[PDB]
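Entry featuring methotrexate.
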Protein chains: 2
Amino acid sequence: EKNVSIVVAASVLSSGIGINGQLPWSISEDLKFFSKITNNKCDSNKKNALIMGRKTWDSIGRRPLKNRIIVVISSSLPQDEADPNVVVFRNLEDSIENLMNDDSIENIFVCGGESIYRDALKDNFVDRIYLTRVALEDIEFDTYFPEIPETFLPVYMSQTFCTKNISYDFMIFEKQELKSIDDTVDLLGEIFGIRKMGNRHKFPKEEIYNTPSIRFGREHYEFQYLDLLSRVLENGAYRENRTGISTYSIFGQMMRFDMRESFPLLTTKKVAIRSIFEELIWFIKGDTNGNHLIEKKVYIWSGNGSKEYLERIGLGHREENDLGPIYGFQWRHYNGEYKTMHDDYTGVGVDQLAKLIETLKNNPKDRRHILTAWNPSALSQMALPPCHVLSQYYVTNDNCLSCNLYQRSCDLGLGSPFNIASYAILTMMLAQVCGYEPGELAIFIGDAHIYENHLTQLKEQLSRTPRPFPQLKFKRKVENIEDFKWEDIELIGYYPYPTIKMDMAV
Amino acid sequence: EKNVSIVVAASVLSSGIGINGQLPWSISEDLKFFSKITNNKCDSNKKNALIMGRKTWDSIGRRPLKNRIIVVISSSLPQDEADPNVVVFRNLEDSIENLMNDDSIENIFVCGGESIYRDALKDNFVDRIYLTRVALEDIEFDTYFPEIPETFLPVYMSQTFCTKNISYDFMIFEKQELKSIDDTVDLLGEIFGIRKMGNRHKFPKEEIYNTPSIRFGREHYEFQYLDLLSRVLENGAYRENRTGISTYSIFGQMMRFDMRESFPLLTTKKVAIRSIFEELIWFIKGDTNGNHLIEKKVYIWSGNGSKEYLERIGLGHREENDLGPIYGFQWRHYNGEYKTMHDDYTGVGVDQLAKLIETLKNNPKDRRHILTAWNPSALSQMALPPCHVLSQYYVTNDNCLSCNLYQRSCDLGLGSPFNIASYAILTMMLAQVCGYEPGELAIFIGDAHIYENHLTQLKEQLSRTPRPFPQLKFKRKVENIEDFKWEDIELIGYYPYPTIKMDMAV
Ligand SMILES: NC(=O)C1=CN([C@@H]2O[C@H](COP(=O)(O)OP(=O)(O)OC[C@H]3O[C@@H](n4cnc5c(N)ncnc54)[C@H](OP(=O)(O)O)[C@@H]3O)[C@@H](O)[C@H]2O)C=CC1
Ligand SMILES: NC(=O)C1=CN([C@@H]2O[C@H](COP(=O)(O)OP(=O)(O)OC[C@H]3O[C@@H](n4cnc5c(N)ncnc54)[C@H](OP(=O)(O)O)[C@@H]3O)[C@@H](O)[C@H]2O)C=CC1
Ligand SMILES: CN(Cc1cnc2nc(N)nc(N)c2n1)c1ccc(C(=O)N[C@@H](CCC(=O)O)C(=O)O)cc1
Ligand SMILES: CN(Cc1cnc2nc(N)nc(N)c2n1)c1ccc(C(=O)N[C@@H](CCC(=O)O)C(=O)O)cc1
Ligand SMILES: Nc1nc2[nH]cc(Cc3ccc(C(=O)Nc4ccccc4CC(=O)O)cc3)c2c(=O)[nH]1
Ligand SMILES: Nc1nc2[nH]cc(Cc3ccc(C(=O)Nc4ccccc4CC(=O)O)cc3)c2c(=O)[nH]1
Ligand SMILES: O=c1[nH]c(=O)n([C@H]2C[C@H](O)[C@@H](COP(=O)(O)O)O2)cc1F
Ligand SMILES: O=c1[nH]c(=O)n([C@H]2C[C@H](O)[C@@H](COP(=O)(O)O)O2)cc1F
């Protein structure tokens, strides 16, 4: 009685694994994973057995794999005894004689085809599943991986990797069937109520924890957002704010995101990527005219730029969509005397974005690559004070550009998915203009909250197991950061769950 | 064969437990901990046995404890059979007959005196130790807790609690004697080198991990700093900077600190608390004269305020210790045209600190309580750009004041211990002026680094097991935040390790 594991690489949605007798992709790192996961043994005097169908045996050229014994399932192949590294059995059941005897076999792996996968789960022989989800779907398949039965639960999900612009994950599904420290902490939690800081930061309950079975393997960095969503539902204090819609708020959180091998665009909800870019390039160009976004069918700044909202906050004399000095006016013309959105401010103010780019490539190891937007002198003229307040940038020793963002207030339903993608794109743009590669993205949050009208929606989003991040590449290299266009951005491998509607609190 | 645990409350340094037949302190929460830790049982049809000496039996008034069987060790007391909850044995060895028979006893606890504690460890009967370290030392003891033998290792250290201005911890010492997820992550770490983000954030090795035996119980919030020290020693990239002393730097870190029941002043190194305050009140008053700190014997701003350093950065015309517009000039006179340190700036600039206090008590649930110091227009006039750049404050539903601080650059040897205490004191001052209690302190760090001349010192600091945080209380309630004086601050229960000398990089 030893371990039997399935190793497979299937597509993310349709679970396709083959086409015309070969794989529908060429991922080098995946083959290395298969080689290391099937050679992983504890006894040096034992070998691992790899069960596979005949057509798969034809796919690998009918040649043995080093340090392993290939078990071919076929009714026609002659049970040859010449090659000691290849053995043939007539049916799958007989091949599981590796259990009963043959103590020289330590582990068993089932890396066959649809025919072998299907009647290996149906016959209930599989203990573990090593799944390699690949983000390719608009191609043709003819051989699929069967649906994972409900007896299996995911226990690990790696970060999203990239090979030839193809995103892929690594998951582990397992078949389901000290206390002295935990008890002492519980007893101290009963004595001190909210005096013990642990009780102010309780672990989320299972009913609000996305994919609860993955306990120790929450490596995928979308969990940095889905678990922040859970921490708010658990510890969020019911509070009122400037709007009529109350929130559940906690203070002091952070999220990390990789940008080297993936793009932190959430997959549990279809995020409008075009509107994010059109807002970011709107900041970079220095524009404050709210109509230029409406002319491009971007209505995210319409609520805070209406005639009734401006008169309500004391800016009735201001024009319709004149948001005033905001993001992109403190970036390009800091401390500049703002008049209207039609005047020409070329030359006035401190150009932080220009000095940022000039410093990033003339002094990379400088510790002052900071782009701020909090101007106390201009706060009263703003239609809305800056939420993503201050950002710092960092050049690593391997010529990568990381980014840290502090956010005073975070709408986890609407603003947060945008802010993650927006500052990811901005870091990539700065990397190309300065000649670096994208690094990491860390977002530090002050007032992390959830609007009470988003409770039914965000609980729906938490019920969706995350999919691998897509890839974002630029089609051309620009000479100045202002020259970026929407046609220059190519989003590769984005297969999200259906979009979720959530109303903005004005 | 069941479990035998020691329960004891000893002083932090000398390990005193008694005086004149009674305890040297009155901590209510500690007695509740003893009651719950000795009643913790799994079988409802069994009771726990509490072994204690005769003099301890006199201390509790010779009356039984509910739901427990007290075992008194005494050579003179008559072995009475009347009370079934009290039994007397002639020696400690005979009393450990609870093991051999009497299956109605589930657990055994040794909460005796020095006489019972000493020959319970010497006879090697103890499996676990529940230690309650109390921060009282300048009093008189006559009964001590014996030194913990090397066979025990700490596995848990709770946060610092407060009762009647007395700080105390809870530790657990234990006697020393799935893999499928860990292996898959290791295999992916071999395939992808630094492409897997986990390899850029490696767990610190044991030789640089403070108190490595405490794996799952790093509750004490001094570990938020000692483990950041370890993460830098593990992943820190060797980089040069504006000074001649290179650093080991990582990007994007955070630390949490409780301020309700303790004061985050590091105990692994004696921190000059007076110099921290004199710098903070120097900021609050709006002063930029570097000599006023030297007149108060505070020389932390002498390196960056010398005649040779000012001429080196292009400010030769500036006076000797005229640091220019820095912290405390952007706080009180933001965007104010700076001349010299002798002029009168009363009225010019935006007073953030005043508007911060006015907003904290007139609109607590506001999400804009932000105090910034990054002014791009005044950066060129500064002797040193702001390190603690921007801070945000938050009022909880139970009238507590939390604080978030973003720090672009962090000298983990010198600036970090100061910044932790400085913004802790500032939050407490704002709480008293606004009528709140201290809450939490979260510090978000950009360039967290360690200067290479601090390597021998910081490794020494990592070899010291942390002690409970002290308490900081104000002697009087001030009417304005500027009225605070050093005589008004009382530091209670600070018993740190000896101070460590580290040179500042100018
Ligand atoms: N992405 C991935 O991880 C993997 C993908 N693949 C791909 O899948 C494709 C091949 O898989 P597939 O087409 O399903 O063929 P299979 O690999 O599953 O093998 C099929 C053969 O196995 C034998 N067989 C199957 N069931 C039985 C049975 N109940 N009793 C006796 N013999 C049986 C038959 O051999 P016979 O007719 O001779 O008796 C049959 O022709 C290829 O494109 C391959 O590249 C393969 C492995 C892994
Ligand atoms: N901080 C804490 O957690 C605790 C503190 N304390 C404090 O400690 C003080 C008391 O402890 P302490 O003074 O050490 O006295 P003890 O509680 O250790 O008990 C002493 C008595 O135990 C008996 N005894 C001890 N050793 C032996 C032996 N080898 N054989 C037979 N009998 C033995 C003797 O009784 P006899 O002479 O009658 O034979 C002796 O007088 C008190 O102040 C108490 O409050 C007590 C418990 C816990
Ligand atoms: C056609 N086929 C089946 C195949 C392909 N990809 C997979 N990918 C995954 N994740 N899981 C599988 N079971 C799997 N199976 C193949 C193809 C090549 C090799 C192979 O050459 N393996 C070498 C590895 C070669 C290398 O290191 O790049 C080995 O050492 O096992 C194995 C199976
Ligand atoms: C003198 N003495 C010994 C004593 C005192 N403090 C300690 N504190 C600690 N952490 N550990 C000990 N072993 C300990 N022992 C005492 C004093 C009072 C009670 C006592 O009354 N215990 C009640 C608790 C009373 C309450 O809940 O406040 C119980 O239910 O056990 C026990 C032992
Ligand atoms: N309270 C408050 N005020 C704000 N002022 C400005 C903002 C930024 C902001 C960011 C995002 C959206 C938004 O509608 N997103 C969204 C989400 C899911 C599906 C479709 C869309 C719309 C689309 O297809 O673009 C709106 C506003 C903002 C905020 O998020 N909250
Ligand atoms: N590179 C660089 N530039 C700086 N400019 C300004 C600072 C702030 C700062 C903070 C602390 C100290 C300092 O000497 N601490 C210390 C530590 C241990 C023992 C004794 C003392 C001195 C004492 O008793 O006060 C000096 C400077 C600072 C910095 O920390 N690093
Ligand atoms: O980029 C943004 N990100 C964001 O999260 N918000 C949300 C956060 C909050 O719900 C509201 C502003 O909070 P407040 O108006 O109280 O400062 O806008 C707005 C943005 F523009
Ligand atoms: O409050 C402070 N905290 C701090 O950590 N430093 C250190 C960090 C770094 O070692 C140096 C400034 O880094 P740089 O001069 O490169 O901006 O001062 C200075 C302060 F004033």
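Proteins get letters first, then strands, A, B, ... in listed order; numbering begins at 1 in each. Note: hydrogens, waters and symmetry copies are ignored here, and every other heavy atom, side chains too, is used. This entry, so its header tells us, was determined using X-ray crystallography, 2.9 Å. Ligands are counted one by one from 1 in listed order, and the atoms in each one are counted from 1 as well.
Tracing methotrexate through the model gives ligands 3 and 4. The chain with the most heavy-atom contacts to methotrexate (ligand 3) in this structure is named in the PDB entry as Bifunctional dihydrofolate reductase-thymidylate synthase. Contact chains for methotrexate (ligand 3) (heavy atom under 4.0 Å, other chains only): A.
By the deposit information, the source of chain A is Cryptosporidium hominis. Applying a heavy-atom cut-off of 4.0 Å to methotrexate (ligand 3) picks out A:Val7, A:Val8, A:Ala9, A:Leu23, A:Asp30, A:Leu31, A:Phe34, A:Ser35, A:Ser59, A:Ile60, A:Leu65, A:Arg68, A:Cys111, A:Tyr117, A:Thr132.
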